[PDB]
Chemist: 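Would you mind keeping the following structure in view while I ask a few things?
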Amino acid sequence: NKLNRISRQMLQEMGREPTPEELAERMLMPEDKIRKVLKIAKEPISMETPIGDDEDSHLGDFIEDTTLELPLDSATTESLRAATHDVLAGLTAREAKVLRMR
Amino acid sequence: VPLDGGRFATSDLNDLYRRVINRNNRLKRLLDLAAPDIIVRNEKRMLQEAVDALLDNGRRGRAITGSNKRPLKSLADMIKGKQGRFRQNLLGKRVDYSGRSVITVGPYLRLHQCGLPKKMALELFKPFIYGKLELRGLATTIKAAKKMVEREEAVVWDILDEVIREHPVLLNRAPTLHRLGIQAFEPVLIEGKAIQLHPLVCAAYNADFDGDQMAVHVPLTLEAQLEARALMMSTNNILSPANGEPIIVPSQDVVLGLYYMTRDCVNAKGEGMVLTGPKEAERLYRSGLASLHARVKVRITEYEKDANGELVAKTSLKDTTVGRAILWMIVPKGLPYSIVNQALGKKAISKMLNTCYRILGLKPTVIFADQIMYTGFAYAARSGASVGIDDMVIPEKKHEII
Amino acid sequence: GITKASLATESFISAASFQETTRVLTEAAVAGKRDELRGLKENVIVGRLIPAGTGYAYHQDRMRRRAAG
Amino acid sequence: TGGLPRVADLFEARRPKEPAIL
Amino acid sequence: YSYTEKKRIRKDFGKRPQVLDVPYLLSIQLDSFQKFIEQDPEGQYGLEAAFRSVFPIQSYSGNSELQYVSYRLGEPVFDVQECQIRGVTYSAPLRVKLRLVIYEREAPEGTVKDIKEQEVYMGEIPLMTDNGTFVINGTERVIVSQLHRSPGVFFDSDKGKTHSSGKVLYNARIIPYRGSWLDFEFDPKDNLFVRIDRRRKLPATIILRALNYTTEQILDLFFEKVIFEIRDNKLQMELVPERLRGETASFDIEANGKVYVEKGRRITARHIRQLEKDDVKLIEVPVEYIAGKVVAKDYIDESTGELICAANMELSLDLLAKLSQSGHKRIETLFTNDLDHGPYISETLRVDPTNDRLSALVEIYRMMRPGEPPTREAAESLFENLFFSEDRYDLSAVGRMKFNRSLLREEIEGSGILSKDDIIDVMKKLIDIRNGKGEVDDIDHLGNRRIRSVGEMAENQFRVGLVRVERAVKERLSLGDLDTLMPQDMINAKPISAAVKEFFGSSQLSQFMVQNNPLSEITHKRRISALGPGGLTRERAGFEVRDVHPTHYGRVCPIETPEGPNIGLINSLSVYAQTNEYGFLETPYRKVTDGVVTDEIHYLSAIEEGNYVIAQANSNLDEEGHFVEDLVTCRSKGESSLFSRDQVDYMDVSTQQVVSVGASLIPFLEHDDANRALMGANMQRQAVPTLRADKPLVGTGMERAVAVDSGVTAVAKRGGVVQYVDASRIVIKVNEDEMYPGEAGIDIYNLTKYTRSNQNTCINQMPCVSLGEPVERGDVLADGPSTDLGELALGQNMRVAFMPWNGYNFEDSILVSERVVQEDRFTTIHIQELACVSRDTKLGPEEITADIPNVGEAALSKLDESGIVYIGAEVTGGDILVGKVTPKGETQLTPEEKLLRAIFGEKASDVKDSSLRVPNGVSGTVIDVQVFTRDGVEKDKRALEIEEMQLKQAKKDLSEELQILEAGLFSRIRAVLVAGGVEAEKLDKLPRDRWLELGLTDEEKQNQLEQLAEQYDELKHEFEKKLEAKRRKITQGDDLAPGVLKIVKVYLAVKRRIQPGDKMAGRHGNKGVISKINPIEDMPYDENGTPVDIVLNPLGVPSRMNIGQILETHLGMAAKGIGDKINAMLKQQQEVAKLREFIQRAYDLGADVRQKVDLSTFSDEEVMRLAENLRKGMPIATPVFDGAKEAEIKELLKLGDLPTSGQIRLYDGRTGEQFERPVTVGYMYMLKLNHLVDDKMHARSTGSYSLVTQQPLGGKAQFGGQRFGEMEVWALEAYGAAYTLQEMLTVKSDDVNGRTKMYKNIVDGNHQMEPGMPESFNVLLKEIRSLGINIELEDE
Amino acid sequence: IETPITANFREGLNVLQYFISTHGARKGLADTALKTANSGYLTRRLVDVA
Ligand SMILES: CO[C@H]1/C=C/O[C@@]2(C)Oc3c(C)c(O)c4c(O)c(c(/C=N/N5CCN(C)CC5)c(O)c4c3C2=O)NC(=O)/C(C)=C\C=C\[C@H](C)[C@H](O)[C@@H](C)[C@@H](O)[C@@H](C)[C@H](OC(C)=O)[C@@H]1C
Ligand SMILES: [Mg+2]
Ligand SMILES: [Mg+2]
């Protein structure tokens, strides 16, 4: 709240609005925390938010899944076992055991 | 889930669910404090409104989401929509292994194939290319295959012809109406970013060339390959399901060729002479001796299957022109010469294909249709047809009639 | 009429598609109606073989397995 | 009357404005 | 004839002389905004006017008033160029002087103190570019003019459809510019109803009561009075002899001692004549006729003081007695006629629930705001605030004018709110139309259609800002402390600023300037829209308004409209059209007095043109300008016929004025079907510029005007001689007559160089003049993209042959020779803007450092030490433009990955690679790099170098100005010194700086040297301040978004030529898609051996009726002939005499044309340059409807040496044999639209996926898959394909499991599917189960 | 209209004839663009009932 208040007088007095480090000197704290404080203060945006064309296209429809795993990778996982498991049978029985252990 | 710039975004249900919890919890608290009736009553009503807004919003006040005028979407609105459900309604889910681009002609194609851009086929068949590359041992493992096609090494092009060969692709246009809006073709690798489409099918798709775009789909499962080949294939639907007339009927350029081919003027080079057979008829025309249209008797061999499942043969001297004589070389077997002896307008040229199907069956009709297209375009090009300003003749009596 | 006759469909999952979703779900949920699939529209939603064409062999063979033992 | 809307009226069974009686 | 006309002149066919030349095409856009922002000492539209409305603002009753003095516009923070790169808005500060007066408590009003607060800042309002565009965020945007229903009253029908009983209805609607709607309407029972806005219907009379009108005055206002006298006994009556028309006698009618008519004889012209001439005032009537007659006023019994009958009540034979014995002599009744004057209003009162003013006021307030309890002050207050409040209601001037005009009043200007006289008057007129006298208007007429524009619209939004701040302003002056706060602490910025920002930023009328092409631009800035706020919607209207109207002539173009969802909802402005004084559309006309055609122009609005009889643009007059024929085709009122010699009041100015700039550029338009003509002018706007700006070989004559009026070119400010010519700049030395006395001067034009457009095309200017060439004011200095020598070239004309070629042209397909791509003429240059953002994440900050895990030196070659690609390094797909890395720590890898790093010994970094790399397949050269940095983060090495570089480059530019400028100034000082003390050789010896000392003898020349001194020293300082400011703008840390530390924008210049799949079309509506690119060997060639560039299919010509494309071809061939011919005699070097002779012959062409020509031109130096420019072809001008004719075309072909048929014999380049029949060959102008094949093409195997529902979604620009629809599903259902359909909606898309289980099988070599359940349906289960509905999957 | 188009495309059309021709074109395009929607709606109802 204190931040909103300062920008008001300083809004027309400066004629534009105070720079990101301006309210920083006005405020007690380390003054770089303004950026941090400014982030968490924002309210999240509705994922159902209509965007472009109004075509029921909604913001949430454009948010991709980053925690999934693409098959072009998953394919290489199933392969890498067959690779390393084969190459460990080419060694002595203790080297496979010692390498599988470490 | 987070977004760029460190801001967050969330579904409207949360705003709704949160509310229902708070109010509910508050009521629970308000029970242990022994509040007056007028309050706990008001709190219950407030809870009732919140649950209703959660389930289906808009049946009371249409509660609005925080800081945003637009009413928050409730659980009933997630199912509901336009129309009914969003899931199956147009449209209708995005699908992998697909693509699209501007389409062009490709008259050289047989009716069962289509021109496919090199890059499109590369990105589309990517898993097949990977698997075939390591089936023959050109790539150590699947990863190395990825780097290979990403490097576009010269060796990969031959491997693609293998996975492409017998493997139909589905072609679709934007306004799908009848079942012919999607048809299967055999891919033909083509340099360039444009899709080439057999002209005879351009009628079935109702696809002009004014910049219309078409979509490609890859039939992954084995059952889809055989479904595509035995059902959705181009050659297996030549006839409209709406009416038995062939929909593969030659369209415009081809038919202007055949009209100009079998036609006759009054006086032209070679008029009146006689030739042993259609073979030496072409020899007369191509050498420049005889005009395409001149009245001539030539020996022809026609066929009639009028025996019991058995083809009879008959030969005669037919009175015809040079163009009609040359064209007979294409007509397979049991069709009579009467069918090609006319002027061959667009109307006659369709009933030709129809009779050919109802007599010789499917296979002979397909290969027949191809030849008709090829010869139509070719001879139409020879004809040198054009349109000038002096080609439009105004009546001399117009001013008087007015 | 065509638009009126299409209204009545045994499968409620089919009706919930092109009709008003809310009313269909309610009106069906009270009676405990049990949708047996058997149709096209519903089978497309659930994502299995269409009970026609290539799939007609499958569904037929399954339909007889039902109400048996 | 006639046209595409005429088809829709037919398939919709709609009773005409001033019908006859049988 | 001008100087750039001496370079090339276009041969102009056509007869009709041009009396008026095309005005500035950007007029509307520029003029409008010019009226808005300006200091106007009066109520004319502008910031001044919008201020005077809401001002002065006084507090609530407190006698603390704040008034408004004046405003000013501060200098722009950034100029147009600087504002675009950074991304801010191009705007000026609004500084407004305010005066705060405070009245003494409680006093006769006088001020204790008044503090005049100097210019409190509120908002920055955007500014319009010299070309009429706005920059909102670094992006040029245009605000389209709007077409809406003009304010006033309008009487409509709504016949037919209502109630299906016929009978029609008649309704009136009062639509103010601001404030609530007042609607009046009838019903099938002829009861008048009223509704405010679209709200509940209410009985009309309730408003008169709200105006404080009792029933007695309602009957007295709308009805006449039938006077009844009780004289002797039983009812005599006053008779107006006209009242008996259209009615039959009700009793024995006799007066004046003579019985004129008995009972049952209808009253015709006979009865009325007798009574009028015999002067019969009073007759005796029976007591039963009043059984139906409604008593007019109230009548009470004097004795009992009780009400005998209320007003508007039907009298009876018994009622007359009870009011008769009370001593009542007079009873007033209504005059009612079911034909002339209807008893309508009377029946409305019986449905009126109210009685008095408060009752009506209550019922109105409860109508508008129902459910809430009515209050006396509330009902009174609301009704006074609706139509009577100066704040919430205005019709403004145009509304009042049309209001008064439609009511047949005198005053054209009046109050801006509604008055009791106004509402009452409208009702009377509506009733008059229902009575059969008078007619109804129509919404579609262009006199009732008003045109707004940027200036007016911005004023409305700014008005909204002042009202939403007004509530605030009164609120603060409520509690204010005395002389501490000032008219600053109260008024904020954001409230006013957000009103104007919300408009330009996201308003339906504010949109991206369509800029790939000058015609697209200029046709956007002239555009009309009935959509947006205050307009209709696509779904609501309505074929009547979309359709072309007779009033569209000369105002709106009939043939230029979109062919999409909204047809006729846009149109475009005509060529000569102008916005009327009141805001209507008026067009130029020529006043024809008596029988002579006079050249005085007169602008007539839509209603003005109505009564006059107007002649036709094509008519034949001569000498004094008398109509040759005794009768000529004309249109007078809504219809066209032959009109007599002297009747006609006016005549059309030009043959073009019906169409628009777009349609006016199609040659031989009169020969093309309107459908294909639309498409032509629709597609002509999509033509991408070309590499070599060519010229149209066949043309109209507008292209010169279109080129200049659009800002793409550079026009001479003042005439003179060019001092310096560079591909960068142009310096002109001014002529003395045009030069200002002080400061001397030269005009320096800084040319735009290669840069990105909105559509990702290239916009680049080239100098069209040579060192030391005379140019006069209004001469073309430099061409823009797609402009040639001052004309408009949107493409390149080429040799085309019509003939089927082996099916490669099948539908519209185009077969293009290899010659075209080799000449690189149809090549196009695209400039794409790619960005790299270094953001801040919760895991840590992102580095632009060049250290990227797991990449070789070949990757890092093209990058500098800092990680940014060098300028000029040519790149292809996959190369790294900007190295970027984002922190992700402690990956927590797995056993086999851990062994892998162990064997090959790589330290897997704590940083992940985000670097921006060139998208797959697109390839170009890096022409630029920008680095924006947050203020306070240290600029890296490269970032500092660029800024330092910009400093040096900036300093050089300003210095260049000063050097040429100083010489230009000192060169004038040299000349004035020579006048009176001339020393030529002596003066230029000593240092030039040491000149300012020499004075002069008494004369004005002493004061002239004085003048140049003053302005000189200013330059020293103007340069200084300009240099300083420029330097600071470089060094200032650029402001970024929250969370973004720095941004690197790379500009790639891709050169794409042409390949199969691109769309191409002529101006005549013939589209095409290049099919094959054929070798020159296979191209049809003529006997002379010159191949043909393009082979078109003739079959497209007959079906789609566009015949101009053929004429354009024919004439084109002829044009090229004159070129080839000249090309031979110039390569022959005959001489100027022989050449000159031949050229003159061409420009005459046999008789009666308007072109004129030489040998006024200097016979040697001027003529020879012209011939060199014609050798490519001879430019010809075909006016729109005045264009050339067959005979002239055939005649020009004779001079060409080419056949009359326009067809020749061609030989196939393959077999070499001839082609039967002649074929048409010629030169067609052809455009390359940007639908280019390597944009549209997309393919995806396995991409990203949407989170909410797992479905293919492009995040990398490897675009999500094609959308498979319901109709497409049916297509699969008709075929027997079950498995294709399952795989389509399950494994290929929606199944989060099945997709991976499949992919693994595809590489394994097993084609199968393990389908599972699509995740879409699996979510629907949870949503249903989330409700109280239990949905289970039963059985097995 | 009781005054037909007396000219044709091989000759020129004057101002009036073209202006009168415009309505036919625009109404043609509009009708088809609407008839496009009508067709689709029809197929919808039809395939739904079968
Ligand atoms: C703020 O305005 C927006 C929405 C208003 O909402 C809404 C409801 O009110 C509208 C108004 C008031 C219009 O005057 C309008 C319009 O004039 C137009 C199209 C139809 N456009 N087409 C759409 C694309 N398509 C493939 C071809 C046909 C529209 O839909 C609208 C439109 C609306 O729909 N068309 C044309 O004028 C012609 C024939 C050519 C246009 C040229 C270019 C292409 C456009 O100007 C591009 C540069 C943008 O300018 C628009 C996209 C605007 O978007 C933005 C971001 O700037 C849009 C008008
Ligand atoms: Mg076609
Ligand atoms: Mg098309």
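A, B, ... follow the sequence lines: proteins, then strands. Residue 1 opens every chain. Ligands are counted one by one from 1 in listed order, and the atoms in each one are counted from 1 as well. Method reported for this entry: X-ray crystallography, 4.1 Å. Heads up: this isn't the whole entry, just a piece of it, and contacts are only counted within that piece. Values below: all heavy atoms of this structure, side chains included; hydrogens, waters and symmetry mates excluded.
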Chemist: From golvatinib, rifampicin, vincristine, clorobiocin, can you tell which is the drug at ligand 1?
Modeler: rifampicin
Chemist: Name in the PDB entry of the chain with the most heavy-atom contacts to rifampicin (ligand 1)?
Modeler: DNA-directed RNA polymerase subunit beta
Chemist: Which other polymer chains sit within a heavy-atom distance below 4.0 Å of rifampicin (ligand 1)?
Modeler: E
